[PDB]
Every structure is written in C-alpha cells, then in structure tokens.
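Opening notes on fluorouracil bound to Uracil-DNA glycosylase.
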Amino acid sequence: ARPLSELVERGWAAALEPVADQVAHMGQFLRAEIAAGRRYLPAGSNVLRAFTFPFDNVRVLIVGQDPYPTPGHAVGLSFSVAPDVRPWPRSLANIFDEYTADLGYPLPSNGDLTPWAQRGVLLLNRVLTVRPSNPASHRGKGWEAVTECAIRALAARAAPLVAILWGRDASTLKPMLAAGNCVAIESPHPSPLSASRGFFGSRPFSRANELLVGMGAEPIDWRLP
Ligand SMILES: O=c1[nH]cc(F)c(=O)[nH]1
Ligand SMILES: [Cl-]
C-alpha cells in the first residue's frame, strides 16, 4: 500500500506518472479479486518488479504476454523464475536453447534472469498479472495502458532502444516503438506450441547487440551463471 514512487525505481516513477491513476485502479482490481476468492500471480510485491531497475539504463526490452500461470514460477520479471526453481518452464527452456545456440555460452545453471534486468534489459509482460492455471485471464483488465505508457516513455528518450517482442500480444507494441531511435525485433513466442513457427533460430540476443552497436549504444552482456 504505496504510491508509484515507492513501488518502482525513481526514473520509472517519473516515466509512469501518466498512469499513476491506472496503477491505483489495478490495485483495486486485484483487491477485488482476492475478496472474490480468485488468486493472482505473481505476488503483489513483485507485480511491478520489472520497473525496479533503472529506467535510464534500459537499452533492450524483452516483452512477453503475461506471467507464468503456475504458482511458484512468476516473479515479476518476464520469463524469469527464482534461482531454485526446476524443472524450468518450457518457454524458458526454449529461451535457453536459443541462448546457447545464438551466443555459444554454456547452458545457464538456473532460471533467474535478474542479471539481465541489472544490465539494462526491461523484462516486461504486456499484462502484469494472471489467475493461476489461467493464462491470459487478466488480458483486457487495465494493465495494457500501463505497459503501453512504459514503452512509449522508453521510446521517447533520446537514446537508442531495441525491443524484442515475443508473441502476438507483445507484437502489438511494434508500431508504438517505431520512431528512428527504436528498433523492434519480433518473433513467435518461445512456448512449445509457437516456437516452431520461428522462435528457434531467431538469434534475438546477437541481433539486438548488432542493432545497439549500430546505433552507438553499448551491447548487452547476456551471460548467465
Ligand atoms: O513472463 C512470462 N512467462 C511466460 C510467458 F509465456 C510470457 O509470455 N511471459
Ligand atoms: Cl484462482
């Protein structure tokens, strides 16, 4: 029970100012969900976690759909799990197969993507909560304006940005991001169902670095332990 500035990093609090009202609304929605006896993921204190790393250092945004639907998996950073979670969700296993294929680094030891978030990657979902076992259950309930505002804010900075958009809902952001300082990469989602359609082979990590370097920005260090 805090205002924006307390929920997110200082730069993000400034960026998300237009949606402070909407964030408060979403808190009221989630309260109502609990009152009704429906659950949501991730934990309340993690819902805005992706915005707890500096808005200024963001260079890449990875965007997915909505949080993992299995309790114990979603932690407020898209695609990430806690470092003691295994087996990994299949989407993450597929992401890590593409990581090794693209970059040649060893398979990660765990599924925690916190290093990426600490290095300038925004790990966003288009929708920031979900009911358990019910993927896409909070689509259309008010998060989209919040995540739109985030993206537009990033795209408005006088800095290079690369977006990696995984799946259909993320793909909706592409036109928003398209001024000349912003470059979006789009592919099918890494989940098993969709990955065969073009996630594998997409080389998003090396491509995003080629793009950053070509715009004069530092590349991302993608290495995971
Ligand atoms: O954070 C997420 N986990 C799983 C997904 F499939 C997705 O889109 N985002
Ligand atoms: Cl529920």
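Along the sequence shown, the residues carry numbers beginning at 1. Looks like X-ray crystallography, 1.4 Å, at least that's what the header says. Indexing begins at 1, ligand by ligand and atom by atom, following the structure's order. All values below come from the heavy atoms of this structure, side chains included, with hydrogens, waters and symmetry mates left out.
In this structure, the ligands or chains belonging to fluorouracil are ligand 1. The ligand atoms of fluorouracil (ligand 1) that sit less than 4.0 angstrom from a heavy atom of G64 are 8 (O). Here's the thing with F79: one of its N/O atoms is less than 3.5 angstrom from an N/O atom of fluorouracil (ligand 1). Near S78, meaning under 4.0 Å from one of its heavy atoms, fluorouracil (ligand 1) places the atoms 1 (O).
Heavy-atom contacts of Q65 reach the following atoms of fluorouracil (ligand 1): 7 (C), 8 (O) (cutoff under 4.0 Å).
An N or O contact shorter than 3.5 Å links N125 to fluorouracil (ligand 1) by distance. Shortest heavy-atom distance from fluorouracil (ligand 1) to a UniProt active-site residue of chain A, with the residue named, rounded to 1 Å: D66, 3 Å. Lab note - ligands/ions near fluorouracil (ligand 1) (< 4.0 Å): none.
Annotation for fluorouracil (ligand 1): atoms under 4.0 Å from non-hydrogen atoms of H189 are 5 (C), 6 (F), 7 (C), 8 (O).
When only non-hydrogen protein atoms are considered, atom 2 (C) of fluorouracil (ligand 1) lies nearest to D66 O, 3.1 Å. Using a non-hydrogen distance threshold of 4.0 Å, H73 does not register as a contact of fluorouracil (ligand 1).
By chain and number, the binding site of fluorouracil (ligand 1) (heavy atoms under 4.0 Å) reads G64, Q65, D66, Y68, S78, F79, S91, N125, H189.
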